[PDB]
Amino acid sequence: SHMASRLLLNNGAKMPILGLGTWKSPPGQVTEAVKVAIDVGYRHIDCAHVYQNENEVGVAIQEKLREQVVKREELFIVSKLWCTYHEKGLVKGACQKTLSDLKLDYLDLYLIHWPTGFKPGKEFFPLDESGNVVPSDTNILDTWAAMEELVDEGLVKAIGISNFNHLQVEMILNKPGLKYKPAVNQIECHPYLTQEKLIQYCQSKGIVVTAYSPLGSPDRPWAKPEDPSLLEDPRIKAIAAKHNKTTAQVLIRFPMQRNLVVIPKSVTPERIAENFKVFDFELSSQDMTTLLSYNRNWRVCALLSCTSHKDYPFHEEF
Ligand SMILES: NC(=O)c1ccc[n+]([C@@H]2O[C@H](COP(=O)([O-])OP(=O)(O)OC[C@H]3O[C@@H](n4cnc5c(N)ncnc54)[C@H](OP(=O)(O)O)[C@@H]3O)[C@@H](O)[C@H]2O)c1
Ligand SMILES: CC1=C(CC(=O)O)c2cc(F)ccc2/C1=C\c1ccc([S@@](C)=O)cc1
């Protein structure tokens, strides 16, 4: 497939280009899912405190470490700082809680989950009397400085951002006194939301892009029948058929050939294995351009409750 398993980040570390997603993976199933993934070759797991399943993911990681199926140095564990913890004095604790839950002493990568900070408290989405999200007066630059401290304290090897538009990425890159550049911007990306502008921009700066919801997140809670469906798109199934692969495998191989990292989620053992079997074939440049042609700027994750937040990322073109 002419395809290396890892790429180089701007912190000097290598990141496996294929990871296991864990959003929506039920806590009673995610431990098995992660164990199976490690058994069949995954070395990169994507996590978040807001997913509420980090403890159970941690159980799997710890068993595989204890059993010497894999060494810690071979794993690449990613988590994300939730929006209610953007305050300077809350970032370390949030990171430590994630570390404790995952049963790790460091993260390979820690991302600001969204550019939008919310009021701190027990609620992940604090709403006013009217149902609008209650912002915090923290800005992304001070949050970034807090993230940089995590590196200097040994808690995380790399820091990054997620759902940042190109102007927000630029704000960080131009932050006065910037100490560490974002290593990664994790964004939604698939044939219905191809992200050429943002990807090219990030890559030109040495920022690696991770593509999330690469299968179109068919299990997203807000899905409706009228929504397009990547996995059922006959045009994509045709390309898969031509290559004797599954539609999902094509959808995973797609971002890989764009020098993106990709993190398909599954709790199904058979699909976990299938999804990893994407290093044995190549999409043609024609295949790639054809898949790109399907773009319709359609977002699974639009964060509709925060469209008035000053830092809402999706008003901008890219
Ligand atoms: N803000 C953010 O940074 C953000 C936002 C969204 C997602 N993410 C990350 O990206 C990960 C992946 O995105 P996602 O969870 O939104 O959706 P996704 O990976 O595009 O799709 C997951 C869905 O696809 C199904 N599936 C997986 N493999 C399949 C296969 N081979 N054939 C048919 N169906 C298959 C899964 O079913 P089963 O599980 O039942 O097998 C699940 O319903 C997330 O888990 C999360 O880690 C991050
Ligand atoms: C896009 C999205 C994701 C994926 C992500 O951020 O990784 C997510 C993950 C969670 F664990 C919880 C909520 C969300 C979410 C959007 C969202 C959902 C509900 C609400 S309340 C209005 O019902 C508001 C926003």
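The first residue of the sequence shown is numbered 1, and numbering continues consecutively from there. Values reported hereafter were calculated over all heavy atoms of this structure, with side chains retained and with hydrogens, waters and symmetry mates removed. First listed ligand is number 1; within each ligand, the first listed atom is number 1. Header entry for method reads X-ray crystallography, 1.9 Å.
The chain in largest contact with ligand 2 bears the name, in UniProt, of Aldo-keto reductase family 1 member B1.
The molecule at ligand 2 is the drug named sulindac. Within the structure, sulindac lacks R220 among the residues with a heavy atom less than 4.0 angstrom away. In this structure, atom 9 (C) of sulindac lies nearest to the protein heavy atom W23 NE1, 3.2 Å. For sulindac, the closest UniProt active-site residue in chain A and the least heavy-atom distance to 1 Å are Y51, 3 Å. The shortest heavy-atom distance from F124 to sulindac is not under 4.0 Å. Under the 4.0 angstrom criterion, atom 19 (C) of sulindac counts as lacking any protein heavy-atom contact. Closer than 4.0 Å to atom 11 (F) of sulindac lies at least one heavy atom of the protein.
Apart from sulindac, the ligands and ions with atoms under 4.0 Å away are ligand 1 (NADP nicotinamide-adenine-dinucleotide phosphate). Regarding atom 21 (S) of sulindac, its nearest protein heavy-atom neighbour is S305 OG, 4.2 Å. Nearest protein neighbour of atom 13 (C) of sulindac, counting heavy atoms only, is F125 CE1, 3.8 Å. When heavy-atom distances to sulindac are checked against a 4.0 Å cut-off, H113 comes that close only through its side chain, counted from C-beta outward. For chain A, a heavy atom less than 4.0 Å from sulindac occurs in the following UniProt NADP(+)-binding residues: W222.
When chain A is restricted to the residues UniProt lists for substrate binding, the ones with a heavy atom within 4.0 Å of sulindac turn out to be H113. Applying a cut-off of 4.0 Å to heavy atoms, one finds the binding site of sulindac to be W23, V50, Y51, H113, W114, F125, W222, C301, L303, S305.
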Show me the short polar-atom pairs for sulindac: any N or O of it lying under 3.5 Å from a protein N or O, with distances only.
unit_1, atom_1, unit_2, atom_2, d
sulindac, 6 (O), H113, NE2, 3.1
sulindac, 6 (O), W114, NE1, 3.1
sulindac, 7 (O), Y51, OH, 2.9
sulindac, 7 (O), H113, NE2, 2.9

